[PDB]
Asker: 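Okay, handing you the structure first.
Just so we're on the same page: letters track the sequence lines, and every chain starts at 1. Values reported hereafter were calculated over all heavy atoms of this structure, with side chains retained and with hydrogens, waters and symmetry mates removed. Read the numbers this way: they start at 1 and go in the same order the structure lists the ligands and their atoms.
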Amino acid sequence: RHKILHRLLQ
Amino acid sequence: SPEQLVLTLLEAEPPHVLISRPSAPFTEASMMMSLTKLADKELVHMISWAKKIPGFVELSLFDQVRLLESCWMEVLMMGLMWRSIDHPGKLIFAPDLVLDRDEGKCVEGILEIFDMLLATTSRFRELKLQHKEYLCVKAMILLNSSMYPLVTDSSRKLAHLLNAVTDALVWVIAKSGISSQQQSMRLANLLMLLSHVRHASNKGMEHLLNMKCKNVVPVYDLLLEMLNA
Ligand SMILES: C[C@]12CC[C@@H]3c4ccc(O)cc4CC[C@H]3[C@@H]1CC[C@@H]2O
């Protein structure tokens, strides 16, 4: 759902 | 603490994303392709930007996420307005994508949004918005969204942050040496424009959601995700 956002935040 | 906070925001500024007009005359499709391709790339850089604001990466994952989902359009638009502040009747999307107001006629529903963006830009121009005020306002936009309790100290951590940003802005405004009452009026004038930015954001989001549905424009990756809600 935030598949990519989570990726970039972490 | 205000000076350091302001320098951190200054040093946090994302790069200018470069894009050019297509070779062929604009169509609705091709204009939407250009602006979404630009937005998507600027989104990538907005994450790195946010992560450089002191405290942001100390908030919980869900909190970082929720603030970014909530403000990204607003932040795109704020950065747009700052770029365009000295150029009445134009939107400076990128050095090589400078749209005349009338070019919004190209895309159904977009002229009205251009006009809002243009009106909000003129209001910043009239107020003579300063670079450091723009840095504080943009960070306030990241930090100042409804955050009703989710079911997953981050909320107090949020308040402390937005507090420090608001103080920084008060401190930047103090530098003008204008009357105490006029320092209050200026603060109020800048923060009242936050609603206008939220409002444009709302129209922008809706417009793009609709463009996506009518398959008028394909959207990819980060932008697609942020859109999917
Ligand atoms: C979101 C839209 C495409 C992307 C546009 C954009 C793209 C990049 C940017 O820095 C600012 C903006 C604000 C106006 C946006 C448009 C308003 C509606 C349109 O769908």
Asker: Tell me which of cladribine, abacavir, estradiol sits at ligand 1.
Answerer: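 Here it's estradiol.
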Asker: What is estradiol bound to in this structure, taking the chain with the most contacts and naming it as in UniProt?
Answerer: Estrogen receptor beta
Asker: Tell me the other chains with a heavy atom below 4.0 Å from any atom of estradiol.
Answerer: B
Asker: Specify side chain, backbone, both or neither for B:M205, according to which of its non-hydrogen atoms lie closer than 4.0 Å to estradiol.
Answerer: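 It is neither part, as no heavy atom is under 4.0 Å.
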Asker: Mind checking whether B:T36 has an N or O less than 3.5 Å away from an N or O of estradiol?
Answerer: no
Asker: With backbone taken as N, CA, C and O and side chain as the heavy atoms from C-beta onward, which portion of B:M211 lies under 4.0 Å from estradiol: side chain, backbone, both, or neither?
Answerer: neither
Asker: Short list, please: which atoms of estradiol are under 4.0 Å from a heavy atom of B:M73?
Answerer: 1 (C)
Asker: Taking only heavy atoms of B:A39 into account, list the atoms of estradiol that are under 4.0 Å away from them.
Answerer: 7 (C)
Asker: Heavy-atom distances under 4.0 Å are what count here, so tell me which part of B:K203 touches estradiol: side chain, backbone, both or neither.
Answerer: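 B:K203 to estradiol: no contact under 4.0 Å from either part.
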Asker: Report the source organism for chain B from the entry.
Answerer: Homo sapiens
Asker: What atoms of estradiol come within less than 4.0 Å of a heavy atom belonging to B:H207?
Answerer: 18 (C), 19 (C), 20 (O)
Asker: Relative to the heavy atoms of B:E42, which atoms of estradiol are at a distance of less than 4.0 Å?
Answerer: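 Going through estradiol atom by atom, the ones under 4.0 Å from B:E42 are 8 (C), 9 (C), 10 (O).
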Asker: Determine, using UniProt annotations, which domain of chain B has most residues touching estradiol.
Answerer: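 In chain B, it is the UniProt domain NR LBD.
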Asker: Number the atoms of estradiol from 1 as they appear, then name those within less than 4.0 Å of a heavy atom of B:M77, with their elements.
Answerer: 13 (C)
Asker: Measure B:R83 to estradiol on non-hydrogen atoms and call it side chain, backbone, both or neither using the 4.0 Å cut-off.
Answerer: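 Just the side chain.
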Asker: Report the binding site of estradiol using a heavy-atom cut-off of 4.0 Å.
Answerer: B:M32, B:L35, B:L38, B:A39, B:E42, B:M73, B:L76, B:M77, B:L80, B:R83, B:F93, B:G204, B:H207, B:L208
